[PDB]
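Note sheet for the following structure.
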Amino acid sequence: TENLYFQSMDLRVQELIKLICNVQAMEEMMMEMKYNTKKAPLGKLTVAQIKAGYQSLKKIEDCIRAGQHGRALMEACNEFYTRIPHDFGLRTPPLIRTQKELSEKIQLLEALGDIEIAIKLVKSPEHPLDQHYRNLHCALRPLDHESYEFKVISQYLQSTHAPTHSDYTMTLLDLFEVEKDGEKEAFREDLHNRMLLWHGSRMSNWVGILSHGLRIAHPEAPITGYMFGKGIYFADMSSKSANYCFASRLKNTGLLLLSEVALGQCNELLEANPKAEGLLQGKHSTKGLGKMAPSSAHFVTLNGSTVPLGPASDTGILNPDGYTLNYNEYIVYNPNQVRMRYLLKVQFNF
Ligand SMILES: C[C@]1(c2nc3cccc(C(N)=O)c3[nH]2)CCCN1
C-alpha cells in the first residue's frame, strides 16, 4: 500500500521505460546490423551525419536506376560506408545494388535517427526513470488484464497472426494505453474508414516513436526505399507488423503499436509504386491490396475505430502481371491521420 502514501510510477511502466531506454541494447542492435559502433560511437552521431548518409544512398539509387556498376557506384558505396561506418571484418564490403539492399540501409538509418533521439532524451532530485518518462511527453497507462480492451486486443493479436509467419507465436505480456500530447486535437476525426491498425518497429526505435510520434520518411531518403512512397505504414495482420520488430530467440521481447488511422478514401493498388503519393488525387490513403485479409463479417469496433478481427481469408485479388502482396498494407501521408492508442509488450515464442 506504499503507492497510497508516495504515488510512484507503476512498476509495469518503470519496466517498460527501463526496457526502451537501454542504450546498451541499442549498441548491440546496431552491431547486429553491421554498424561500426567502435569507429562511430552512437553518442557522437548527429542528425547531419545521418542526413549525409541518406544523400549517399540517393547517389547509390541514381546508379542502380541507371544500371551503373563501375566507378560511379563504387565511389557512392564507398562514400556511404565512409559516412556511416560498417564492420564487415575481413570480408569485401558488399555493393548495394538491389531495392531490398537499399531498403535495409534505409532502415539502418531510420534506427540511427531514433537512437540519436533516445540518447539525447536519456541524458536532478528526480529519479532517472521519472525523468525519461516525462521527457517522452506521452502518457502510458497500464491496462487490466481482465478488461474488455485487453480481451479485444488479444483477439486481434492472435486472430490476425498470418499463416505464412509460422516461425513464432506471440504472447501478450502487458498492455498500455497511449496518449501522446497533441494527437487527439490534430487528428482527422472527420474522415471515414477509421481503422485500428498495427505498426511494428525495432526495439531501438520506441523512445523516438513515443516522443515524436510516427513520422514520414526523411526527405533525403531514396524514394525507392518505400513501396508506396513516404508515408506512415500500417498492417491489419498483427504478424506482418511484428516481423518488423526483428525480435529473435535471443531477444524475444518486442513492442507493437496500435493506432487509429483515418484512412478516408483509399487509393487501392495491386503492386509497388514508390510514386503512389502523387496518385492520391483527392483520396486520403494508399491501400496495397493483399491476397489474404480479415473480412468485414468478423469486424468489431473499439471507440469509433473498426477492428479487423481475423481469421484472414482470400480477397479474390490477383495481379495479372506479376507479384501480389500476401497481406494488405495501409499508408497515410500526414501524421494527423494517426492517433496512437495502445502499446503491446509482446513475448515472441520461437
Ligand atoms: C518497409 C517499411 C514498412 N512497411 C510496412 C508495411 C506494413 C507494416 C509496417 C510496420 N512497420 O508495421 C511496415 N513497415 C516501410 C516503412 C518502414 N518500414
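The numbers used for chain A are those of the PDB entry, and the residues that appear cover 226-348, 353-579, in sequence. Per deposition record, X-ray crystallography, 2.0 Å. Atoms within each ligand, like the ligands themselves, are counted from 1 in listed order. Scope of the values below: all heavy atoms of this structure, side chains included, with no hydrogens, waters or symmetry mates.
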Identify the drug located at ligand 1.
-> veliparib
Of all chains in the model, which has more heavy-atom pairs under 4.5 Å to veliparib than the rest, named as the PDB entry has it?
-> Poly [ADP-ribose] polymerase 2
Report the nearest protein non-hydrogen atom to atom 14 (N) of veliparib: residue, atom name, distance rounded to 0.1 Å.
-> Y473 CE1, 3.7 Å
Looking at atom 17 (C) of veliparib, what's its closest protein heavy atom, distance included?
-> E335 OE1, 4.3 Å
For atom 16 (C) of veliparib, which protein heavy atom lies nearest, and how many Å away is it?
-> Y462 CD1, 3.7 Å
Numbered atoms and elements of veliparib in range of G429, under 4.0 angstrom, heavy atoms | 10 (C), 11 (N), 12 (O)
For chain A, which UniProt NAD(+)-binding residues keep a heavy atom less than 4.0 Å from veliparib?
-> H428, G429, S470
Which UniProt domain would you name for the part of chain A holding most residues in contact with veliparib?
-> PARP catalytic
Taking UniProt's active-site residues in chain A, which lies closest to veliparib and at what least non-hydrogen distance (to 1 Å)?
-> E558, 4 Å
Where veliparib meets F463 - atom numbers and elements under 4.0 angstrom, heavy-atom basis | 7 (C), 8 (C)
Within a distance under 4.0 Å of any heavy atom of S470, pick out the atoms of veliparib and give their elements.
-> 8 (C), 10 (C), 12 (O)
Contact residues, veliparib, heavy atoms 4.0 Å = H428, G429, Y462, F463, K469, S470, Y473, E558
Between veliparib and the protein, give all atom pairs where both partners are nitrogen or oxygen and the distance is under 3.5 Å, as lines of names plus distance to 0.1 Å.
{"unit_1": "veliparib", "atom_1": "11 (N)", "unit_2": "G429", "atom_2": "O", "d": "2.9"}
{"unit_1": "veliparib", "atom_1": "12 (O)", "unit_2": "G429", "atom_2": "N", "d": "2.8"}
{"unit_1": "veliparib", "atom_1": "12 (O)", "unit_2": "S470", "atom_2": "OG", "d": "2.8"}

